[PDB]
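Drug present: benzylpenicillin (bound form).
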Amino acid sequence: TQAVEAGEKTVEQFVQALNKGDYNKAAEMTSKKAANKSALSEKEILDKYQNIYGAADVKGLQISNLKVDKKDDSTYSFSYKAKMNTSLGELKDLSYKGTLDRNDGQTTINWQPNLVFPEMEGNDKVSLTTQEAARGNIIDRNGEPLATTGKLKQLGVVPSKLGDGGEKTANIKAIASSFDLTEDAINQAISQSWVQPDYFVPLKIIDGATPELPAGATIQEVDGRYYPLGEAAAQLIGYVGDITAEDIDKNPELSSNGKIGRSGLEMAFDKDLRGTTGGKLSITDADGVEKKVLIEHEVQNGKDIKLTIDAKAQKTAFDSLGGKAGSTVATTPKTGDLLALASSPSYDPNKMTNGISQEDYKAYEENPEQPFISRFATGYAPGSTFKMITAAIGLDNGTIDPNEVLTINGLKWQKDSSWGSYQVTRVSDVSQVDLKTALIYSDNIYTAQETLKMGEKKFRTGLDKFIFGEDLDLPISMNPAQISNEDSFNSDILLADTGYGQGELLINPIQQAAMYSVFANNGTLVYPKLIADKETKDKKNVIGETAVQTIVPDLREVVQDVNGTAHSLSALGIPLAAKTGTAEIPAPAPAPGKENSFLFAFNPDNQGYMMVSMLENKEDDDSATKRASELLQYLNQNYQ
Ligand SMILES: *C(=O)[C@@H](NC(=O)Cc1ccccc1)[C@@H]1N[C@@H](C(=O)O)C(C)(C)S1
C-alpha cells in the first residue's frame with residue numbers, strides 16, 4: 001500500500017506551494033490538460049491562482065483532516081479541510097475535493113476549479129467588494145483630541161491656470177509669498193515626472209486661515225489624520241503613513257488605501273485603531289451573476305483610546321523645554337496616571353503624515369539632537385535625585401542616623417589610598433553635614449560615605465525592592481532600569497558612584513517617576529498608567545514609612561532653605577518637595593564633558609501631582625528647575 005504514501009505527499013507538496021505564494025511550482029505538479037485530468041494548462045493555472053488569490057490577498061493556507069484513497073488503477077481520490085486568511089478575515093472550514101493521477105511513477109493532481117474555492121465550477125469568477133474602516137481617535141483624560149481624522153485645507157496649483165511666460169513666473173513668486181512656501185519649491189512640484197499640464201499638484205497644508213489665491217491656486221478639501229498638539233506630543237502619539245504592498249503581505253487584514261501607524265501609540269495601538277474592513281467575497285457565474293458568498297461582515301470602525309494624558313499639561317511641559325534636548329514626565333503619583341510625556345526637540349507629525357519632503361525628513365534624521373527619540377523612555381543616569389532612594393534605604397536598614405553629623409573638610413574625598421586619583425566631589429564646602437544638610441546642598445561625599453558604610457549587600461537589598469529589571473505594563477517601547485551592568489559592582493568606587501546617582505545606573509524618566517512615587521504613598525510604589533480605564537497597580541512596602549516622614553520634610557527644605565539647590569521654586573508660594581540633580585556624562589574623544597540637568601518635585605501636602613523633568617546635554621546656566629515654574633503652577637492648581 002505504498003501508493004497512498006506518495007499520494008498524501010503530493011497533496012501536501014501542492015498546498016505548501018500555494019501557501020508559499022509560488023503558484024508556478026504548484027502548477028507544475030498537476031497533470032496534463034484533459035477531461036480525465038487537469039482542467040487547465042500550467043500557465044493557465046498560474047494566472048488563475050495569481051489573479052484570484054492575489055485579489056483577495058490570500059495568505060496562510062493550511063489544511064487538516066486529510067484522507068487519500070485509491071478508487072481505480074491510477075485514480076486515487078483525496079479530500080481534506082483547509083483554512084486561509086484573506087482581506088476580510090479568516091476563511092475557515094473549507095471542504096476540498098479532487099482526484100490524483102499516478103502514471104509513470106509521480107503522483108500528479110487532476111486540477112479542477114474546486115481547488116481554488118470549494119464550489120468553483122468551470123468558468124466561475126470571483127468578486128471582492130470592500131468598505132474601508134475609519135481609524136479611531138486618541139483622546140486625553142478629558143476627551144480632548146490628540147489624534148483624529150478630519151477635513152483639511154490642502155493648497156495646490158494647476159499648471160494651466162498659472163499662465164504662459166513671465167505671468168506664470170510672477171504667480172509662482174506670488175503663491176510662494178502668500179502661503180509661506182519656497183519660491184524654488186513651487187516649480188519643484190510643478191515639474192515633477194508625474195505632472196501633466198492640467199493636473200492638481202499638491203503643495204502645503206493650510207492649518208488655519210485661507211489667504212488670498214493668486215492666479216492658479218485652488219484649495220481642495222481632503223480628509224486625513226490630524227494631530228492638534230502637533231510636535232508637543234509627536235513622540236508619544238506618533239504618526240501614520242501610507243500602507244505599502246509589503247504591509248499587506250505581512251497582514252492581509254489591512255487596507256491598501258488606508259493608513260498604518262509608523263511610530264508611537266499610532267503603531268502600538270494600530271489594531272484597535274484601524275478597525276476591521278467590511279464587504280463581501282463571493283463567487284459569481286460565468287456571466288458575473290453571484291452564486292455563493294464566502295465571507296461577509298459589516299465595516300467596523302476603529303476604537304477610540306482614552307489616555308491619562310492631560311492635553312494642557314502635555315503642551316505646557318513641552319513648551320517649557322524651549323526646544324532644547326530634554327523630556328518631562330508628570331504623574332498623579334497616588335494612581336500613576338501619566339499626565340504628560342513630553343520630549344524635546346520634536347518633529348511635525350502633521351507634516352510627517354501628510355506631505356513631507358526628503359529634505360525635511362533628512363533634517364530630522366541628521367539633526368544631532370535627534371528629535372525622533374522618545375526621551376521619556378530613554379535610560380539615563382538619574383543623578384543626585386537618586387540620593388532620595390539611597391537615603392531611604394539607609395534609613396530602612398538603620399545605617400543612616402538622620403541626626404548624625406559627618407565632618408567633611410574640602411571638596412574631595414576618598415575611602416583610602418587604594419582609590420588612587422579618583423575622589424568623590426561635592427560643590428559646597430560645608431563642614432558639618434547631616435542628612436538634612438546633605439539633601440539641601442546635594443552633598444556627594446556624604447552620600448558616598450553612607451553608601452560605603454552601608455555595604456553592597458545592604459544597598460542592593462533595598463534596591464531590589466524597586467522596579468529594576470521590571471518591564472512596565474505600558475504601550476511604550478523601553479528597556480528596564482538597571483542598577484549596574486552585572487549583578488555585582490565589584491568596586492568600592494562604583495558602589496559609591498551608584499549611591500549618588502552616577503555609576504552604571506540607567507533609569508528612564510518614566511521609571512524614575514515610578515520609583516520616586518514612594519515618597520507620595522508612604523513607601524508604596526505605584527506603577528505608572530497611560531490608559532485611562534486600566535486599573536491602578538501598586539507595590540507595597542518598598543521603603544519604610546519612617547523614611548518617608550524623614551526625607552519628605554528635608555525635601556521641602558531643598559526648596560525653602562535659602563541655600564537649597566531648588567530655592568528658585570520657593571517663588572511659587574505653593575507647597576513643594578523637590579530634589580535637583582546634575583549628572584555628568586564622560587565624553588569619548590578628549591572633549592568637554594556633557595551634563596544633564598534633573599528635577600524631581602511633587603506636592604507634599606495633598607500628593608496630587610508629581611513631576612520629573614530633565615535636560616539632556618544642557619547649555620550653561622540652563623537647568624530643569626529654571627523651566628519648571630509654569631508646569632508646577634498648573635499641576636498644583638488642577639491636580640490635588
Ligand atoms: C548630583 O547630581 C550632584 N552632581 C555632581 O556631583 C556633578 C556636578 C555637575 C555639575 C557641576 C558640579 C558637579 C550634585 N547635585 C547637583 C544638583 O543638585 O544640581 C549639584 C550641581 C548641586 S552637585
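In what follows, residues are counted from 1 in the order of the sequence shown. Both ligands and their constituent atoms are indexed starting at 1 by order of listing. Computed from heavy atoms alone, side chains included, the values below leave out hydrogens, waters and symmetry copies.
Most-contacted chain for benzylpenicillin (bound form) in this structure, per the PDB entry: Penicillin binding protein 5.
Heavy atoms within 4.0 Å of benzylpenicillin (bound form) belong to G383, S384, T425, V427, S442, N444, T565, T580, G581, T582, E584, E595. Covalent status of benzylpenicillin (bound form): bonded to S384 OG.
The deposit credits the origin of chain A to Enterococcus faecium.
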